[PDB]
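Notes on a structure featuring zanubrutinib (bound form).
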Amino acid sequence: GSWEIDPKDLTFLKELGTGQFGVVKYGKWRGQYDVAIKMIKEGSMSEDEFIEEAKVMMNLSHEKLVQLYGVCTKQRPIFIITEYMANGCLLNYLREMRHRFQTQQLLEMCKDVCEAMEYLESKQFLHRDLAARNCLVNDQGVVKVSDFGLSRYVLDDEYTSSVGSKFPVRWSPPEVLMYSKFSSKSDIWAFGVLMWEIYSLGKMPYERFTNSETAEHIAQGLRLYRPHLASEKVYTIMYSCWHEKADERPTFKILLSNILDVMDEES
Ligand SMILES: *CCC(=O)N1CCC([C@@H]2CCNc3c(C(N)=O)c(-c4ccc(Oc5ccccc5)cc4)nn32)CC1
């Protein structure tokens, strides 16, 4: 179908790194168009389910969401072909101190992500693992949301529940940690943590705690605190994502309006 790219149309040009599914490469499609190619190592993914979901993902389209161009599934490893983001993952970009970011730039990164998440929310599509490591940066410095929904297809159980040793505890609200209750409001919580990561220039959330200690901190009702670079108004926005009661957390539409208000007031 239209979700299938012919891998013969790819020219591989550069290694981009490795993650839990294996290697990612940069190349060209039909000699002209920049693409990234994520190669899914055998045994790592629930492949038939992912392939079916890729059809849904191809219909998503937003300027701040990494575009899925297609998949290559006639051979193994299968390929995911996407828009190319030359500046890599947001986490590592934030940690490069040479950039000497202004706080207006940091707030713009938050706004980029919030726009993508408002779009996903309008499509009833949960990210399920939003974090700076899962956002990408293009050659213009624009941040886009990536790997959306992908955690649903991971076969390594260390990633798939809080009983696992590689679960995103530090991005999880109390109802996820205690009950596995995912919702729009668990994406909201994670977005607040992501804002904290941005304003902390890529520090690990709860940097001095283990995952187990973090879950206890959350069970006691405690929270991250204000990054040095966040104004009081910015801190209010990120902190609003962490209400104990999920229903008291904002929507992405509300967060976007709040971010724009602050951008105007701090311009
Ligand atoms: C900090 C995290 C980290 O070290 N890595 C994750 C990003 C990896 C590289 C970096 C360079 N660019 C890039 C791209 C890209 N599109 O340019 C990708 C990538 C990410 C996701 C997908 O496939 C999907 C997209 C959207 C939804 C579902 C799947 C393809 C390609 N990865 N990188 C380096 C390591």
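Along the sequence shown, the residues carry numbers beginning at 1. One-based numbering, in listed order, for ligands and for the atoms of each. The figures that follow rest on heavy atoms only: side chains count, while hydrogens, waters and symmetry mates do not.
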(message) So, counting contacts under 4.5 Å, which chain has the most with zanubrutinib (bound form)? Name it the way UniProt does.
(response) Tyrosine-protein kinase BTK
(message) Could you find the nearest UniProt active-site residue of chain A to zanubrutinib (bound form) and let me know the heavy-atom distance, rounded to 1 Å?
(response) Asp129, 10 Å
(message) Can you name the atoms of zanubrutinib (bound form), numbered from 1 with element, that are less than 4.0 Å from a heavy atom of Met57?
(response) 27 (C), 28 (C)
(message) Pairs of nitrogen or oxygen atoms closer than 3.5 Å, one from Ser146 and one from zanubrutinib (bound form): do any exist?
(response) no
(request) Enumerate residues in chain A that UniProt marks as binding dasatinib and that sit less than 4.0 Å from zanubrutinib (bound form) by heavy atoms. (result) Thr82, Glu83, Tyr84, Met85
(request) Find the residues of chain A UniProt lists as binding clofedanol whose heavy atoms come closer than 4.0 Å to zanubrutinib (bound form). (result) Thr82, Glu83, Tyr84, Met85
(message) Please state which option from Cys89, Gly17, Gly149, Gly88 has its nearest heavy atom closest to atom 2 (C) of zanubrutinib (bound form).
(response) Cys89
(request) Could you tell me whether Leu136 approaches zanubrutinib (bound form) through its side chain, its backbone, both or neither, with non-hydrogen atoms closer than 4.0 Å? (result) side chain
(message) Side chain, backbone, both or neither: which applies to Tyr26 and zanubrutinib (bound form) if a contact is any heavy-atom pair less than 4.0 Å apart?
(response) neither
(message) Just wondering, where does the PDB say chain A originated?
(response) Homo sapiens
(request) Considering the heavy atoms of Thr82, write down every atom of zanubrutinib (bound form) situated less than 4.0 Å from one of them. (result) 16 (N), 22 (C), 23 (O), 24 (C), 25 (C), 30 (C), 31 (C)
(request) Identify, by atom number and element, the atoms of zanubrutinib (bound form) in contact range of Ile80, meaning under 4.0 Å from any of its heavy atoms. (result) 23 (O)
(message) Can you figure out which UniProt domain of chain A lines most of the contact region for zanubrutinib (bound form)?
(response) Protein kinase
(message) Protein heavy atoms near atom 31 (C) of zanubrutinib (bound form), is at least one of them under 4.0 angstrom away?
(response) yes
(request) Tell me the residue and atom bonded to zanubrutinib (bound form) through a covalent linkage, or none. (result) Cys89 SG
(message) Which option wins on minimum heavy-atom distance to atom 16 (N) of zanubrutinib (bound form): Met85, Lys144, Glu83?
(response) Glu83
(message) Need the zanubrutinib (bound form) atom indices (1-based, order shown) with element for anything under 4.0 Å from a heavy-atom of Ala36.
(response) 15 (C), 16 (N), 17 (O), 31 (C)
(message) Hi! What's sitting within 4.0 Å of zanubrutinib (bound form) if we only look at heavy atoms?
(response) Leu16, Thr18, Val24, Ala36, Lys38, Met57, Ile80, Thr82, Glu83, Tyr84, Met85, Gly88, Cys89, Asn92, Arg133, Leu136, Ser146, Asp147, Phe148
